[PDB]
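Structure, as structure tokens:
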Amino acid sequence: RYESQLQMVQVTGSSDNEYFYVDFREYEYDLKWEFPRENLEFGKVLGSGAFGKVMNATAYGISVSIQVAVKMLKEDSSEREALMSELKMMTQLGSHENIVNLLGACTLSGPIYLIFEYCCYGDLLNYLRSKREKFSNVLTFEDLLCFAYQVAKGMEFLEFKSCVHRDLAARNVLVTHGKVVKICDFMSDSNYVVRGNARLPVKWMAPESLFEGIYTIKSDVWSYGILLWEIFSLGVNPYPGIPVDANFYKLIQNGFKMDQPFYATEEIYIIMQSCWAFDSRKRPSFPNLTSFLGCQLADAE
Ligand SMILES: CCc1nc(C(N)=O)c(Nc2ccc(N3CCC(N4CCN(C)CC4)CC3)c(OC)c2)nc1NC1CCOCC1
């Protein structure tokens with residue numbers, strides 16, 4: 001069964017487990033987002049999962065013509081409804097510079113299309129990896145700091161909107177013009193562990209997610225720490241050379257944290273470590289993180 005990894009939550013109490021997920025299934029879709037099918041000229045496939053795909057297209061008159069990314073299902077009615085819920089969620093969220101924003105949708109006369117902003121340089125993980133020889137076209141320490149700042153800003157927006165990202169990682173951040181980055185939502189991949197219905201990004205998950213299935217904004221701070229390690233290693237797999245097995249679960253339970261990656265300063269590393277506090281209440285907030293990285297970045301000589 002399909003589900004979006006960006007989820008709205010409502011808090012029902014002060015403890016981490018006191019919340020529920022907001023289902024938009026019973027809410028009505030605002031028809032001002034509806035865009036004509038025939039104004040999409042489909043180009044190439046950008047990625048496929050089991051339940052769907054993201055395709056490049058030219059969109060005529062959506063903003064004049066622009067590139068877009070179009071999310072769609074593969075050729076059930078439950079899958080259709082989940083995509084509508086995601087659409088309804090994204091219509092209500094509002095836009096932000098550091099989110100992959102919804103531009104429109106095609107829902108009435110054919111298969112469901114969700115039309116998003118196109119991010120011409122693809123995912124941040126592959127971007128970082130392609131720049132390893134070209135680190136001083138050229139990638140710098142300041143660019144890495146800027147990417148970190150932008151992701152934190154994106155997450156601060158999601159915190160403010162009462163949302164959680166259940167899969168924050170460099171693979172789910174995209175890169176567009178001007179070194180702008182944007183947080184996106186969405187078997188062969190060894191970073192996800194199969195466990196019944198679930199596909200778990202184990203090495204990105206906070207303990208309370210691993211052990212109790214709890215996802216809060218503070219779980220996202222942990223994942224953000226992992227993503228920082230990805231940035232400042234130029235896209236190394238977290239916990240490099242450590243397999244995902246029952247020993248991994250024990251390592252995390254006992255307070256195992258990664259070392260300082262090569263491109264991190266000591267100050268960036270202290271921030272990473274704070275994100276990995278076992279107790280969620282000791283982790284910094286996203287407004288804290290934007291302040292710390294903004295101050296680090298503001299040291300551009
Ligand atoms: C909603 C998920 C998603 N949204 C977008 C989006 N809204 O725009 C998106 N775009 C995207 C854009 C461009 C590329 N390319 C092609 C050119 C290539 N070249 C290499 C050679 N070099 C010299 C010049 C650049 C760099 C990668 C791309 O990767 C194929 C994806 N992709 C999304 N999902 C995928 C799932 C599979 O994994 C990555 C993310």
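Counting from 1, the numbers follow the sequence of the chain as shown. Counting convention: from 1, in listed order, for ligands and their atoms alike. Method reported for this entry: X-ray crystallography, 2.2 Å. All values below were derived from every heavy atom in this structure, side-chain atoms included, with hydrogens, water molecules and symmetry-related copies excluded.
The drug that appears at ligand 1 goes by the name gilteritinib. Ranked by contacts, the top partner of gilteritinib (the one with most) is named in UniProt as Receptor-type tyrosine-protein kinase FLT3.
Defined by non-hydrogen atoms within 4.0 Å, the binding site of gilteritinib is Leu46, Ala69, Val100, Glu117, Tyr118, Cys119, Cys120, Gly122, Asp123, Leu174, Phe186. Closest UniProt active-site residue of chain A to gilteritinib, with heavy-atom distance to 1 Å: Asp167, 11 Å. Close contacts between gilteritinib and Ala69 involve ligand atoms 6 (C), 7 (N), 8 (O) [criterion: under 4.0 Å to a heavy atom]. Lab note: no covalent bond from gilteritinib to a chain modeled. Taking a cut-off of under 4.0 Å to the non-hydrogen atoms of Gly122, the atoms of gilteritinib that pass are 11 (C), 12 (C), 13 (C), 14 (C), 28 (C), 31 (C). Close contacts between gilteritinib and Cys120 involve ligand atoms 13 (C) [criterion: under 4.0 Å to a heavy atom]. Residue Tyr118 approaches gilteritinib through these ligand atoms, each under 4.0 Å from one of its heavy atoms: 8 (O), 12 (C), 13 (C). Residue counts put most contacts of chain A with gilteritinib in the UniProt domain Protein kinase. Considering backbone and side-chain atoms together, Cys119 places an N or O closer than 3.5 Å to an N or O of gilteritinib.
Looking at gilteritinib, you'll find an N or O of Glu117 within less than 3.5 Å of one of its N or O atoms. Remark: gilteritinib atoms within the under-4.0 Å shell around heavy atoms of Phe186 are 2 (C).
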